[PDB]
A.B. asks: 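Just downloaded a structure that has BI 2536 in it.
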There are 2 protein chains.
Amino acid sequence: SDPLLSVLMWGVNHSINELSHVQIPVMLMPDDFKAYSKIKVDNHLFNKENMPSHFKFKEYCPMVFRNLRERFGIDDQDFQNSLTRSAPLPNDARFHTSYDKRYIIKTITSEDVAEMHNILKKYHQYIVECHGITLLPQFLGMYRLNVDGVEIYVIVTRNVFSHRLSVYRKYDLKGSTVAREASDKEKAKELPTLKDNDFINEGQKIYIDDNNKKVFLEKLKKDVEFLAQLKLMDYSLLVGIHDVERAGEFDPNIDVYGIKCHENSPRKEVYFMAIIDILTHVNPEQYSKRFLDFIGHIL
Amino acid sequence: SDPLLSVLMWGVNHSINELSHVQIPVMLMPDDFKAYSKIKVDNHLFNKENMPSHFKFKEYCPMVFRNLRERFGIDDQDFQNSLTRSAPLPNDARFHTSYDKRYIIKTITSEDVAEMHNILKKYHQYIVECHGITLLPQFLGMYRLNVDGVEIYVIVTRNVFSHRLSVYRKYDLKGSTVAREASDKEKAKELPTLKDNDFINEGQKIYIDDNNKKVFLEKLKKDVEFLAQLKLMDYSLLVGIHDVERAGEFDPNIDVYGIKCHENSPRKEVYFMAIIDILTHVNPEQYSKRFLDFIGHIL
Ligand SMILES: CC[C@@H]1C(=O)N(C)c2cnc(Nc3ccc(C(=O)NC4CCN(C)CC4)cc3OC)nc2N1C1CCCC1
Ligand SMILES: CC[C@@H]1C(=O)N(C)c2cnc(Nc3ccc(C(=O)NC4CCN(C)CC4)cc3OC)nc2N1C1CCCC1
């Protein structure tokens, strides 16, 4: 056990238990976007084996994230279990993934937390309008952890990749002018992280039918315009391919970002694509177009 | 809902959930008697309907009371349910009783808390030696509650009376020289609180067989010597009678203080007797003898 993780599991557990008692209305009030719950814990000569002795836990806008979870088809108990039944696994910007591979837990700066607060209402409204059908990150919770001296902020999102089906290739696409190539140290890992020019060079094709491709690009258009209108940029399209003839039917209700290949595909492939890395604030305007140009071409 | 109660239920719930994860050894260490766990909670614009916005909860020596509960045959989950499933009921020195009538919850002074800390180790050792078979109060938990401005201390004990069988008469016996009579305002309540001279005047007899009477007085002797040796005094014998031919078999494993009447008793009676009010610190020495003289006579 690493203390900051134990506090997170402890905290998510506590937070979801509290909410289970709250009466949940259909609507959020404007105050729900300014809300939080803090808990400070001090154990003197008690419970040394599991928890640290002195820790704080803060949940931002618990009602908003409760409402978002349900809008994204996530039940609070399942969300609880996925984060609590067993520890989240590391990858060390480092991230953790829930033991069941459903959720990602990433450390963010206080600046990112400030930007999240800044866009949360508009983000929530967007999710309402598109009925939760989007390629944007699905934000599920946001927390502050303190363990004697160290303060960190985390956000929780839905995993873009599958919780069963492995992924043998991964891309990260921005469609920028500034030459985007991968480095060689990455290449030597179980799954590297290829970039723009690796794609427009290793002759990578995505075999999805002309309907699936139409829906996707329509979504992508709306999402990216929303991102641009908030003056956000430097986001990527995360692309991940699962070869069936290596490890292939999936659950579209769990692996919500999956798209099957069309019938004429050279190999049985499942694609996982969504937008990631949205919280940084040449400009945002053309970045969106430049992003849309690129993806329209490569797909 | 009265806020201080909600905090207590909340707090007992939280505390028992924490312990459920702790590995419980057979032995307590000396540090366990100096231990505690504090939790401070701040909700900003959140959860107004159930909890107060700002409260603190402190549990003293959680390991000791965990150990005592089990020694008194109380399971932590049942204890939890009894205090949490529905609110405790008032009687307003005021007290509350769990909704299932199993437990008493009384407010105490910081001075009482200090005295409890002072005697807890010796008290625990006494419970070990008598294998939990005693007429002393069964202390099950001790807490501090804060709700914005107001700080209170509570202790939890097992109810001397039954959780089913009603009680139509109640005495409170010290066996003092100083004339002990009841007042008339008490008499007009559903169950008054009669005192020494009400007993040695209304010709009250306790019809228990000569064996039951032998065991009881032996216990009483040991208990009271223990109390005296801690320089404690001003405790009473709480006596409560249940007439079967008004409202009578009981569970000796729940109503642990009950004694059936012998076969020749004029009416079918069940007696509930135990020591109460021990935490005040002419002297303690003879008070014990004086107490023992009286009870030997009246029983
Ligand atoms: C909130 C961060 C952001 C985001 O916005 N969302 C929505 C997101 C959703 N899902 C994922 N999923 C994964 C993305 C990359 C990897 C990956 O690179 N895995 C390798 C596997 C082999 N080896 C152990 C080394 C690492 C694994 C993922 O989950 C299995 N990542 C997301 N990211 C990324 C993660 C942190 C920065 C970008
Ligand atoms: C920790 C306080 C102390 C103690 O040490 N123990 C062990 C204790 C264990 N059990 C009890 N039980 C009851 C004792 C008295 C009464 C009683 O007087 N009830 C009336 C009933 C009708 N009406 C609503 C008005 C009040 C009810 C009890 O439980 C049903 N009391 C105890 N007391 C006493 C309680 C506070 C001071 C003395």
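Lettering follows sequence order; numbering is per chain, from 1. Whatever order the structure lists ligands and atoms in, that order sets their numbers, starting from 1. Header lists the method as X-ray crystallography, 2.6 Å.
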A.B. asks: List the chief contact partner of BI 2536 (ligand 1) in this entry, with the name from UniProt.
C.D. replies: Phosphatidylinositol 5-phosphate 4-kinase type-2 alpha
A.B. asks: Find all other chains that place a heavy atom under 4.0 Å from BI 2536 (ligand 1).
C.D. replies: A
A.B. asks: Test of understanding: given a 4.0 Å heavy-atom threshold, classify the contact between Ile104(A) and BI 2536 (ligand 1) as side chain, backbone, both, or neither.
C.D. replies: side chain
A.B. asks: Find all atoms of BI 2536 (ligand 1) within a distance of less than 4.0 Å from any non-hydrogen atom belonging to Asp277(A), and give their numbers and elements.
C.D. replies: 5 (O), 37 (C), 38 (C)
A.B. asks: Closest by any non-hydrogen atom to atom 7 (C) of BI 2536 (ligand 1): pick that one out of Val154(A), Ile108(A), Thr157(A).
C.D. replies: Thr157(A)
A.B. asks: May I ask you to list the atoms of BI 2536 (ligand 1) that are less than 4.0 angstrom from any heavy atom of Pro137(A)?
C.D. replies: 5 (O), 7 (C)
A.B. asks: Hey, quick one: which UniProt domain of chain A is doing most of the touching with BI 2536 (ligand 1)?
C.D. replies: pipk
A.B. asks: So for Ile278(A), does at least one of its heavy atoms come nearer than 4.0 angstrom to any atom of BI 2536 (ligand 1)?
C.D. replies: no
A.B. asks: Does the N or O separation between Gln138(A) and BI 2536 (ligand 1) drop below 3.5 Å for any pair?
C.D. replies: no
A.B. asks: Looking at BI 2536 (ligand 1), is there an atom of it that comes within less than 4.0 Å of some heavy atom belonging to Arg158(A)?
C.D. replies: yes
A.B. asks: Heavy atom under 4.0 Å from BI 2536 (ligand 1): found in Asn91(A)'s side chain, backbone, both, or neither?
C.D. replies: side chain
A.B. asks: Measuring from the heavy atoms of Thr97(A), does anything fall under 4.0 Å of BI 2536 (ligand 1)?
C.D. replies: no
A.B. asks: When only distance counts, is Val160(A) in polar contact with BI 2536 (ligand 1), meaning an N/O pair under 3.5 Å?
C.D. replies: yes
A.B. asks: Under 4.0 Å from a heavy atom of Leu238(A): which atoms of BI 2536 (ligand 1) are those, numbered in the order shown and with their elements?
C.D. replies: 14 (C)
A.B. asks: Using a non-hydrogen cut-off of 4.0 Å, what is the binding site of BI 2536 (ligand 1)?
C.D. replies: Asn91(A), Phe95(A), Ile104(A), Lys106(A), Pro137(A), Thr157(A), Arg158(A), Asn159(A), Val160(A), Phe161(A), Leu238(A), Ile276(A), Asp277(A)
